Student: 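I'd like to talk through a structure of AZD0364 bound to Mitogen-activated protein kinase 1.
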Amino acid sequence: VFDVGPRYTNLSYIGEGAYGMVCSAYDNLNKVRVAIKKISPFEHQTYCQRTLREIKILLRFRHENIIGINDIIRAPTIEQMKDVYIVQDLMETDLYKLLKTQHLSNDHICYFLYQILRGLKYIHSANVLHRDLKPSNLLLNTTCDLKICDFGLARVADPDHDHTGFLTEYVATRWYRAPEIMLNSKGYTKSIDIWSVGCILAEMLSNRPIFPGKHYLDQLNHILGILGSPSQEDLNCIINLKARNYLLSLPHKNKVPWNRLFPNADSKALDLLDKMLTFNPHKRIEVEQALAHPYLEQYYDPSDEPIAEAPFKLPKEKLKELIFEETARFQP
Amino acid sequence: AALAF
Ligand SMILES: COC[C@H]1Cn2cc(-c3nc(Nc4ccnn4C)ncc3C)nc2C(=O)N1Cc1ccc(F)c(F)c1
């Protein structure tokens, strides 16, 4: 059932999640094809929490490089509401699908990275962390416009409560996890997102994930296999003993040079990659510095890289109520 | 290369 009939017809499948499905459909009013995400999350608490945080963020954000919500279709009452349909701009593909078969020119890598960071500056300026940046969450159209999507794992930044023990369970996509997630971090600081963007840049350069860990700790071992052993200064940040002693137990490895991994890459792109893929999250480049890096000089313009107008400062039955309230503005 | 975006 794809019940968007008042004005949306001719549905064609796009993809799915544990609690929803994305389709493409014709908008009988605006005479344009749109994307519609059928979301059926109400039978699972986790699905409800992710749906609510995403709707709340996406309705507040307004940025060219972030997917917006154009319409929300749902029943007029909580009792009758089984599914929620989110209508958004249609994007022809995503960076995951594109990198499966297409080599990117250096100009495409530069422009796509610029747009990722431009959108990320806005996100971070609202004190929000995306926490699941990866190629499939970067939507693209035929004119190379890029929009970040999927804010289901997003959180408000909380650096004071970022500390955790070694091997703490984590939900976001393994291959794009910063090394500190496995060591001592809950992923509540902006540096978590910069690491993922660095992983995406490496993937745009080679068409393959840079750190394809097969399981939790294997992820850290792929990272260290390229970065080499953390320095004494970076080990100064790792004060939890189990994490520290795990790193000290590893054999010494020197750094794999970026120019050996990416021999066809622009040297300025590799200098920016190095700064994004910095082991110490405190030394890792921040989004505004990355925009100002020489690799992005042809696009950089801080006056045209807007920030958010203000920061973004439960059982499944109650979460369903809040989803109903949050979607009320779209009822006629 | 100077792609027109
Ligand atoms: C199945 O999507 C997965 C993921 C990526 N994704 C892609 C898009 C999206 N994709 C296109 N087009 C397009 C892309 C590629 N080819 N094409 C044609 N255009 C517009 C939009 C908004 N939206 C989303 C999205 O929300 N999520 C998150 C999500 C979470 C839970 C769920 F249950 C769920 F269903 C979706």
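Here is the naming used below: chain letters follow the sequence lines, and residue numbers restart at 1 for every chain. This deposition comes from X-ray crystallography, 1.3 Å. Each ligand, and each atom within it, is numbered from 1 in the order the structure gives.
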Student: Other chains near AZD0364 with a heavy-atom separation under 4.0 Å: which ones?
Tutor: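 Based on heavy atoms, that gives A.
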Student: Hey, is A/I39 one of the residues with a heavy atom under 4.0 angstrom from AZD0364?
Tutor: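 Flag not set, A/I39 not near AZD0364.
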Student: Among the UniProt domains of chain A, which one holds most residues within contact distance of AZD0364?
Tutor: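 According to UniProt, mainly Protein kinase.
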Student: For A/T51, is the nearest heavy atom under 4.0 Å from an atom of AZD0364?
Tutor: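 No heavy atom of A/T51 comes that close to AZD0364.
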Student: Using a strict cut-off of 4.0 Å, indicate which atoms of AZD0364 neighbour a heavy atom of A/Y19.
Tutor: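 In order of number, 31 (C), 33 (F).
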Student: On a heavy-atom basis, I'd like to know which of A/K147, A/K37, A/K38 is closest to atom 36 (C) of AZD0364.
Tutor: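 Comparing heavy atoms across A/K147, A/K37, A/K38, the nearest one to atom 36 (C) of AZD0364 lies in A/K37.
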Student: Which of the atoms of AZD0364 are close to A/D150, meaning less than 4.0 Å from one of its heavy atoms?
Tutor: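 Under 4.0 Å from A/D150, AZD0364 has these atoms: 28 (C).
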Student: Considering the heavy atoms of A/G20, write down every atom of AZD0364 situated less than 4.0 Å from one of them.
Tutor: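 Within the 4.0 Å cut-off of A/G20, AZD0364 contributes 33 (F), 35 (F).
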Student: Help me out - nearest UniProt active-site residue of chain A to AZD0364, and the heavy-atom distance to 1 Å?
Tutor: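 The UniProt active-site residue closest by heavy-atom distance comes out as A/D132, 8 Å.
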Student: Near A/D94, which atoms of AZD0364 are under 4.0 Å from a heavy atom of that residue?
Tutor: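 With A/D94 as reference, the close atoms of AZD0364 come out as 14 (C), 15 (C).
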Student: Please work out, at 4.0 Å between heavy atoms, whether the side chain, the backbone, both, or neither of A/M91 comes within that distance of AZD0364.
Tutor: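 Both parts.
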Student: Which residues in other chains are near AZD0364, meaning a non-hydrogen atom under 4.0 Å away?
Tutor: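 Residues with a heavy atom in range: A/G15, A/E16, A/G17, A/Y19, A/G20, A/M21, A/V22, A/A35, A/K37, A/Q88, A/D89, A/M91, A/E92, A/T93, A/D94, A/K97, A/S136, A/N137, A/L139, A/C149, A/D150.
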